[PDB]
Trainee: 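Our group is looking at a structure that contains suvorexant; some questions.
For the single chain, residues carry numbers from 1 onward in sequence order. Read the numbers this way: they start at 1 and go in the same order the structure lists the ligands and their atoms.
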Amino acid sequence: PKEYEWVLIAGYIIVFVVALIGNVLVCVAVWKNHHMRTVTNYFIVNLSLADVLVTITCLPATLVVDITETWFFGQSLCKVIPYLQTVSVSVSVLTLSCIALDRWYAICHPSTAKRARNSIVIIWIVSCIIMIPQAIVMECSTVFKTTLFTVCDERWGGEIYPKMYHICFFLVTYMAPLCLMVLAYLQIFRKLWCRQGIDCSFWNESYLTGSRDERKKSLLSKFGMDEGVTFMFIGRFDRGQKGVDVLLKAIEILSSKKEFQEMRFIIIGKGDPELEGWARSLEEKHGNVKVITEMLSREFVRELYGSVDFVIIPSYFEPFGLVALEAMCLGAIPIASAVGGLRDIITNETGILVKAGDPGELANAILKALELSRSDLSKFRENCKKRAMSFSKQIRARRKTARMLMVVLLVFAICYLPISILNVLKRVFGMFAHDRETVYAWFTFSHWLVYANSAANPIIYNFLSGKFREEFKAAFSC
Ligand SMILES: Cc1ccc(-n2nccn2)c(C(=O)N2CCN(c3nc4cc(Cl)ccc4o3)CC[C@H]2C)c1
């Protein structure tokens, strides 16, 4: 014995050094730089600690056993080292699960460091408890006389128990949390990439020409309106969704007031023929109200956002205030409902918030926007622009971290698939009961791969995380 031995020793050494240095540097990076202190990164630290554990205590023993096919260490270590192995695996899996859970909770339904600490502690306790059977079953057996060798292996009192235990181990440490994390991360993907975001390259002021005053003058001239504060609605005509009913009702409330003559309204969209007719009746009734049911290009809408004073977003429900972001990027000030999404983007410095379906509150907000429009609104518009850009920035960042995490999950799944399938085939379906060197080679490789995962994570952080890469950079600077 044996071929593939030098590549096994070499690979184990490489993995050992890279995993040790790498995960230690991960922990150092998070601990010494405060901007690194996020829930995700605390969890990541936990992961690296588990990896360091299994790297120090299990990897060498595994190399020796896979090389010699014997157990030189004691009975105690024959209990301990497999126990530490399984515990490390459990900690890793549950840590990934808590990461995915955290991201899902923060992204799909918009988590403190204390909560995260509790999560960590729980993870380690659960992991240590559920892996007690592993420690119980492991036994040393003497095989033969001139010599004798001892091997360390699971001792079962039947054929059913190992099958059940390894089914359970496969489900708990691999299959179920993997499935759950996949579901969570695909929902997260759909949320962050497909439903969130904004064409920042299109929705910016650079494409418009002339001052805002000139554009507004052109706007009102084109619409056949006198000068005055201009409000804009763009959503669909629904009852209980985009809230054009709230706006129409509030317009009726305002129409009796003397301030109404100072206001201008641009209501755009299709939908309920009753609401469309209501809009058209209000349009025919008042000269300072214009209704557009026809389809408008993005360029025209962009010009609108860059010309009007305020944009009214009276939604009952708005998970993604993309209209708000588009308008704010072009200097339009939002008067929106305090529903989650608009509630997220807009603050009291970057717009006006109102109760979702209260026409009185909306009319009051419109009046307030008028009195506010009696003076310079520059600072306000700039605040809106910078808030929108900041929000978009945050979305892109969340995309980066989420992609990194997904990649880690994938690499984990890949790294643990072979040993999983092998264990299930051997222990549950009783295969490999008959050419042994091939099976043994597959097993040695699978073991090495499992340990290779631990070295895989930190370099993943290096290539897919700017902050981690920068701290790694600072570390290796001699
Ligand atoms: C070496 C190694 C690495 C990873 C493994 N893995 N499978 C699934 C997840 N991870 C296994 C493995 O097949 N396990 C883990 C616990 N077991 C185990 N035997 C070990 C022997 C040595 Cl020298 C060191 C650690 C040992 O862990 C026996 C039961 C069995 C289920 C073994």
Trainee: Which ligand entries or polymer chains correspond to suvorexant?
Mentor: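 Counting all copies, it's at ligand 1.
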Trainee: Of all chains near suvorexant (ligand 1), which one has the greatest contact count, and what is it called in UniProt?
Mentor: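 Most heavy-atom pairs under 4.5 Å are with Orexin receptor type 2.
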Trainee: Could you check which of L84, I419, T86 puts a non-hydrogen atom nearest to atom 5 (C) of suvorexant (ligand 1)?
Mentor: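 Going through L84, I419, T86 one by one, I419 has the nearest heavy atom to atom 5 (C) of suvorexant (ligand 1).
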Trainee: Hey, which atoms in suvorexant (ligand 1) end up nearer than 4.0 Å to a heavy atom of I81?
Mentor: 24 (C)
Trainee: Answer side chain, backbone, both or neither: which part of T62 comes under 4.0 Å from suvorexant (ligand 1), heavy atoms only.
Mentor: both
Trainee: Does the N or O separation between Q134 and suvorexant (ligand 1) drop below 3.5 Å for any pair?
Mentor: no
Trainee: For suvorexant (ligand 1), which atoms, with element, lie under 4.0 Å from some heavy atom of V65?
Mentor: 23 (Cl)
Trainee: Return the UniProt transmembrane segment numbers of chain A, counted from the N terminus, that place a heavy atom under 4.0 Å from suvorexant (ligand 1).
Mentor: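 With UniProt numbering and heavy atoms: 2, 3, 4, 5, 6, 7.
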Trainee: Can you report which non-hydrogen protein atom sits closest to atom 2 (C) of suvorexant (ligand 1), along with the distance?
Mentor: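 Checked against all protein heavy atoms, atom 2 (C) of suvorexant (ligand 1) sits closest to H447 CD2, 3.7 Å.
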Trainee: Please write down residue, atom name and distance for the protein heavy atom closest to atom 26 (C) of suvorexant (ligand 1).
Mentor: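 Heavy-atom neighbour on the protein nearest atom 26 (C) of suvorexant (ligand 1): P82 CA, 3.8 Å.
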Trainee: What residue and atom sit at the other end of any covalent bond from suvorexant (ligand 1)?
Mentor: none
Trainee: Return the UniProt-listed suvorexant-binding residues of chain A that have heavy atoms within 4.0 Å of suvorexant (ligand 1).
Mentor: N423
Trainee: Answer with side chain, backbone, both or neither: which part of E154 has a heavy atom less than 4.0 angstrom from an atom of suvorexant (ligand 1)?
Mentor: side chain
Trainee: Would you mind finding which of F73, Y451, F170, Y416 brings a heavy atom closest to atom 1 (C) of suvorexant (ligand 1)?
Mentor: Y451
Trainee: Quick test of your reading of the structure: of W448, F169, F443, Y174, whose heavy atom lies closest to atom 8 (C) of suvorexant (ligand 1)?
Mentor: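 Nearest heavy atom to atom 8 (C) of suvorexant (ligand 1) lies in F169.
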Trainee: Relative to suvorexant (ligand 1), is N423 under 4.0 angstrom through side chain, backbone, both or neither, heavy atoms considered?
Mentor: side chain
Trainee: Which other-chain residues or nucleotides lie under 4.0 Å from suvorexant (ligand 1), by heavy-atom distance only?
Mentor: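 The heavy-atom site around suvorexant (ligand 1) is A61, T62, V65, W71, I81, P82, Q85, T86, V89, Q134, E154, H166, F169, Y416, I419, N423, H447, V450, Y451.
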Trainee: Between the protein and suvorexant (ligand 1), are there any N or O atom pairs that come within less than 3.5 Å of each other, and if so, what are their names and distances?
Mentor:
unit_1                : atom_1 : unit_2 : atom_2 : d
suvorexant (ligand 1) : 7 (N)  : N423   : ND2    : 3.4
suvorexant (ligand 1) : 13 (O) : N423   : ND2    : 3.0

